[PDB]
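Entry below: contains amprenavir.
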Amino acid sequence: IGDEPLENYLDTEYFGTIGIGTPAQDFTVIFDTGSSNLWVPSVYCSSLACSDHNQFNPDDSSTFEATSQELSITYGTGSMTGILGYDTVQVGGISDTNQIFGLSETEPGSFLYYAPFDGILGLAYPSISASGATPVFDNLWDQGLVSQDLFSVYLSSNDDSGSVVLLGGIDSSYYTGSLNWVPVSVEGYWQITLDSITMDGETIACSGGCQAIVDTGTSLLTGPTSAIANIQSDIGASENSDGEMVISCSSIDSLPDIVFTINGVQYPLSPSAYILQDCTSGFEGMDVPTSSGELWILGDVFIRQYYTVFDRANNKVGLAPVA
Ligand SMILES: CC(C)CN(C[C@@H](O)[C@H](Cc1ccccc1)NC(=O)O[C@H]1CCOC1)S(=O)(=O)c1ccc(N)cc1
């Protein structure tokens, strides 16, 4: 069983350290349940974002094996191109030998330049991995490096220490109640069916069901712009001159929970969770069209409230309230 600590960066990004190569070269990577590729910047990249992050040097690793396979990924924000290679990845105390990963050759755009993390370690299904690159957790399981084909994620609140990805294990010290299991609706992302979103017993969005993904790599709770617009109005958030969805901090103590019904079970978010305070809305409009319909994204705003188990043995997501 492997424990990967995550840094909680301003309740917005959760990344941990990995080592690649022999001897290990260290990188910070987002542990991203909304994608499936592992990649880090490399010495082959001249993009600005590569220049201000750690760059992998295959020349200094005695276990690196080159390939001729190219890689390209487009994220919601950010993108990269590169080349695939094999090396040993140290993650969560596990020696992930023979791991294919992307060595970046381009990383355009400001987002990756200003981001504190070097790269991305995707934790979703192989079917959405660019160039069919074996995801890290698939390689761990293939090699028998975890005994149970699952991992769990605890994301801390209030910029606290303690966030972890637990590879091959479930730890009930991080939750209370009993885990409820949600079947994966479409294997790709960790995609599930949402039944409804309610507030004070009234349906405010997702009437008749909607598709959502559970995504550690997304900070906010996002949905189709139309539905989110109604939600913002429902809670009293309005856009600023600066484009910020401003909300009165007084409403944290007066507003009711917003309740997500998933596989028939109610998962409330208190206003303390869906209002960010330092006050702005934890909801964001973002349109994600797919074969299954527009995807909602249950990002860190949601996951901070529910210890989440990602079970590849039976293709289910488990949820329970955080301790
Ligand atoms: C660390 C990155 C990866 C963060 N992204 C989250 C990832 O989980 C992201 C979620 C997503 C899925 C499908 C459509 C759109 C977005 N996956 C993603 O695009 O996967 C790629 C490869 C497979 O299919 C598409 S983000 O959305 O770019 C993002 C960027 C900046 C902010 N402030 C918030 C979110």
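Residue numbers count from 1 along this sequence. Both ligands and their constituent atoms are indexed starting at 1 by order of listing. Atoms considered below: every heavy atom in the structure, side chains included; atoms not considered: hydrogens, waters and symmetry mates.
- Short version: main partner of amprenavir (ligand 1), named per the PDB entry, is Pepsin A.
- The residues lying within 4.0 Å of amprenavir (ligand 1), counted on heavy atoms, are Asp32, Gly34, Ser35, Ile73, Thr74, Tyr75, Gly76, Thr77, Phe111, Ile120, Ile128, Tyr189, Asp215, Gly217, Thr218, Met286, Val288.
- Of all atoms in amprenavir (ligand 1), listed by their number and element, those nearer than 4.0 Å to a heavy atom of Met286 are 15 (C), 16 (C).
- Closest to atom 10 (C) of amprenavir (ligand 1), if we only count protein heavy atoms, is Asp215 OD2, 3.2 Å.
- Near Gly217, meaning under 4.0 Å from one of its heavy atoms, amprenavir (ligand 1) places the atoms 4 (C), 5 (N), 6 (C).
- In terms of protein heavy-atom proximity, atom 22 (C) of amprenavir (ligand 1) is closest to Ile73 CG2, 3.9 Å.
- Within the 4.0 Å cut-off (strictly below), no protein heavy atom is located near atom 34 (C) of amprenavir (ligand 1).
- When only non-hydrogen protein atoms are considered, atom 17 (N) of amprenavir (ligand 1) lies nearest to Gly34 O, 3.0 Å.
- Near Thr218, meaning under 4.0 Å from any of its heavy atoms, are these atoms of amprenavir (ligand 1): 6 (C).
- The distance from amprenavir (ligand 1) to the heavy atoms of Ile128 drops below 4.0 Å at these ligand atoms: 23 (C).
- Of all protein heavy atoms, the one lying nearest to atom 18 (C) of amprenavir (ligand 1) is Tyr75 CD2, 3.6 Å.
- Most residues of chain A that touch amprenavir (ligand 1) lie in the UniProt domain Peptidase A1.
- With hydrogens left out, the protein atom closest to atom 21 (C) of amprenavir (ligand 1) is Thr74 O, 3.5 Å, a heavy atom.
- On a distance-only criterion, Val288 and amprenavir (ligand 1) share no N/O pair closer than 3.5 Å.
- Residue, atom and distance of the protein heavy atom nearest to atom 24 (O) of amprenavir (ligand 1) are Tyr189 OH, 2.9 Å.
- Polar contact check, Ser35 against amprenavir (ligand 1): no nitrogen or oxygen pair lies under 3.5 Å apart.
- Of the N or O atoms in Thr77, one or more lie within a sub-3.5 Å distance of an N or O in amprenavir (ligand 1).
- For amprenavir (ligand 1), the polar-atom distance check finds no N/O of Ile297 at less than 3.5 Å from any of the ligand's N/O atoms.
- Counting atoms of amprenavir (ligand 1) from 1 in the listed order, those under 4.0 Å from a heavy atom of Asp32 are 3 (C), 7 (C), 8 (O).
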